[PDB]
Enquirer: 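We have in hand a structure of Aldo-keto reductase family 1 member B1 carrying tolrestat.
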Amino acid sequence: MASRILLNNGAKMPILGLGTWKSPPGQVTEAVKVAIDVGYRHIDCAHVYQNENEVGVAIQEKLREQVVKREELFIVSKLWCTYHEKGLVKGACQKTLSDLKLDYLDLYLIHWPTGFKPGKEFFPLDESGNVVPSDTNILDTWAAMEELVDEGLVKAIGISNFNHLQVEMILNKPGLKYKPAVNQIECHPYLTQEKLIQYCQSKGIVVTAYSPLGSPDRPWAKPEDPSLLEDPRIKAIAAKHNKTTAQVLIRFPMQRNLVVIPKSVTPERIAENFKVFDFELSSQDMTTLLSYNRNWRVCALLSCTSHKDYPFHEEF
Ligand SMILES: NC(=O)c1ccc[n+]([C@@H]2O[C@H](COP(=O)([O-])OP(=O)(O)OC[C@H]3O[C@@H](n4cnc5c(N)ncnc54)[C@H](OP(=O)(O)O)[C@@H]3O)[C@@H](O)[C@H]2O)c1
Ligand SMILES: COc1ccc2c(C(=S)N(C)CC(=O)O)cccc2c1C(F)(F)F
Ligand SMILES: COc1ccc2c(C(=S)N(C)CC(=O)O)cccc2c1C(F)(F)F
Ligand SMILES: COc1ccc2c(C(=S)N(C)CC(=O)O)cccc2c1C(F)(F)F
Ligand SMILES: COc1ccc2c(C(=S)N(C)CC(=O)O)cccc2c1C(F)(F)F
């Protein structure tokens, strides 16, 4: 398996990266350092994860140690919902860059299509339990993202949690300068996303799969929720290969020509999770895992369902 995939901006993106949502500041510097040591080159970051400073320390240390050079790293971050106004986008990106201690990002994504009220809080809600939106739209934010490419701050721009009609709005934008390079979406055996994946691949847009292990540390996990890592049918495939269930779950999107970003702050798991280039899931494994789709999301974000740009009402 080739370890990078070609983007529509000409750059090559590593198909297996390290996720950092919920990685505590106190553990993420070691996590990123060990990830780089064992071969990860792609780190998936976000301002809202509130640990970009500590990710930055790790990257800077590995550059100083001469373990990697900046050109070999693929660093991704995301524009948070409260910064969709055009006049706020450059500062949001530069805050990330300054916290990461980088002078460019390889990829910058609109984190969610939904703009939130600008201000200090990240998840502004009202007394009904619903998010407080901003008067921003997808096209104007996308234009602001384009400016970041032209000023040299990011090498590629993309989107996350966009449904196919929202992607099409950008592809159809009057005077579009850069197509999205990537759509990062939830994807795993219980949410296999065939239709949205087909749409994006048909357009030349690479898909990144998030929460590939089913995000068992997500704050809202409930005991009755299905659990990928404990699913006996996936254990049985793992057993056949003398691999772990996580390893099966990571290799699965790889063989669908997706990028995947499993998260861990545990050095042993970080190393295990990267050890997926030495086996192949069979055609039976692959189709059996696809057959487990339930269209079930760990990231539904029910607090956002009234937002005009909530992405998961459409079929895909
Ligand atoms: N764009 C967005 O809207 C969005 C949304 C969600 C996630 N993401 C990205 O996708 C990344 C991955 O998703 P996620 O963080 O939700 O969850 P995930 O990667 O599906 O699962 C992470 C969890 O699995 C555990 N784990 C990791 N490797 C393991 C292994 N080999 N064996 C057993 N347990 C293991 C981790 O524990 P420890 O860390 O304690 O080891 C943590 O509890 C995120 O961190 C983020 O970068 C993006
Ligand atoms: C800004 O929002 C944060 C920030 C940090 C987290 C964490 C982090 S990294 N911690 C609570 C720190 C720690 O585990 O020590 C874990 C789960 C959700 C988070 C969230 C979330 F909003 F998802 F709840
Ligand atoms: C779970 O909710 C958390 C958890 C942690 C944070 C942090 C973090 S990661 N900490 C204060 C640092 C730490 O816990 O070590 C920063 C800002 C908002 C958070 C939030 C918040 F929801 F407020 F956004
Ligand atoms: C779009 O709405 C979102 C999106 C993400 C969050 C998160 C985050 S940071 N995640 C689910 C992780 C991510 O989006 O990468 C945490 C708490 C509330 C959220 C909300 C919301 F506030 F509305 F519930
Ligand atoms: C653990 O901390 C949580 C947990 C859940 C939320 C939510 C909710 S209820 N969800 C993300 C669940 C959902 O909307 O589906 C919205 C905003 C902030 C949250 C936070 C936060 F800390 F960010 F305030």
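Positions are given from 1, in the same order as the sequence printed here. Atoms within a ligand are numbered from 1 in the order they appear, just like the ligands themselves. All values below come from the heavy atoms of this structure, side chains included, with hydrogens, waters and symmetry mates left out.
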Enquirer: Identify all ligands or chains assigned to tolrestat.
Expert: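 At ligands 2, 3, 4 and 5.
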Enquirer: Taking 4.0 Å as the limit for heavy-atom contacts, which would you say applies to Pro219 with tolrestat (ligand 5): side chain only, backbone only, both, or neither?
Expert: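 The answer is the side chain of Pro219.
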Enquirer: What protein heavy atom is closest to atom 8 (C) of tolrestat (ligand 5), reported as residue, atom name and distance in Å?
Expert: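 Scanning the protein heavy atoms, the shortest distance from atom 8 (C) of tolrestat (ligand 5) goes to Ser303 OG, 4.2 Å.
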Enquirer: Within a distance of under 4.0 Å, is there any protein heavy atom near atom 11 (C) of tolrestat (ligand 5)?
Expert: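 Yes; the ligand atom in question has protein heavy-atom contact below 4.0 Å.
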Enquirer: Considering non-hydrogen atoms of the protein only, which is the closest contact for atom 15 (O) of tolrestat (ligand 5), and what is the distance?
Expert: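 The closest one turns out to be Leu302 N, 2.8 Å.
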Enquirer: Return the residue, atom name and 0.1 Å-rounded distance of the protein heavy atom closest to atom 21 (C) of tolrestat (ligand 5).
Expert: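 Of the protein heavy atoms, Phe123 CD1, 4.4 Å lies nearest.
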Enquirer: How does tolrestat (ligand 5) relate to the UniProt NADP(+) site of chain A: which of those residues have a heavy atom under 4.0 Å from it?
Expert: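 By heavy atom, within 4.0 Å of tolrestat (ligand 5), the UniProt hits are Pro219, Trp220.
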Enquirer: What's the entry got as the organism for chain A?
Expert: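 The entry lists the source of chain A as Homo sapiens.
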Enquirer: Can you tell me the protein heavy atom closest to atom 6 (C) of tolrestat (ligand 5) and the distance?
Expert: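 Result: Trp220 CZ3, 4.8 Å.
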Enquirer: Which UniProt active-site position in chain A is nearest to tolrestat (ligand 5), and what heavy-atom distance, to 1 Å, separates the two?
Expert: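 By heavy-atom distance, the closest UniProt active-site residue is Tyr49, 10 Å.
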Enquirer: My question is simple, although I want it checked carefully: is atom 2 (O) of tolrestat (ligand 5) less than 4.0 angstrom from any protein heavy atom?
Expert: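 When distances to the protein are checked, atom 2 (O) of tolrestat (ligand 5) has no heavy atom within 4.0 Å.
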Enquirer: Extract every residue of other chains having a heavy atom under 4.0 Å from tolrestat (ligand 5).
Expert: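 Residues with a heavy atom in range: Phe123, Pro219, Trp220, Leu301, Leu302, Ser303.
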Enquirer: Under a 3.5 Å threshold, I'd like every N/O contact between tolrestat (ligand 5) and protein atoms, with atom names and distance.
Expert:
unit_1: tolrestat (ligand 5); atom_1: 14 (O); unit_2: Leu302; atom_2: N; d: 3.2
unit_1: tolrestat (ligand 5); atom_1: 14 (O); unit_2: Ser303; atom_2: N; d: 2.9
unit_1: tolrestat (ligand 5); atom_1: 14 (O); unit_2: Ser303; atom_2: OG; d: 2.8
unit_1: tolrestat (ligand 5); atom_1: 15 (O); unit_2: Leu302; atom_2: N; d: 2.8

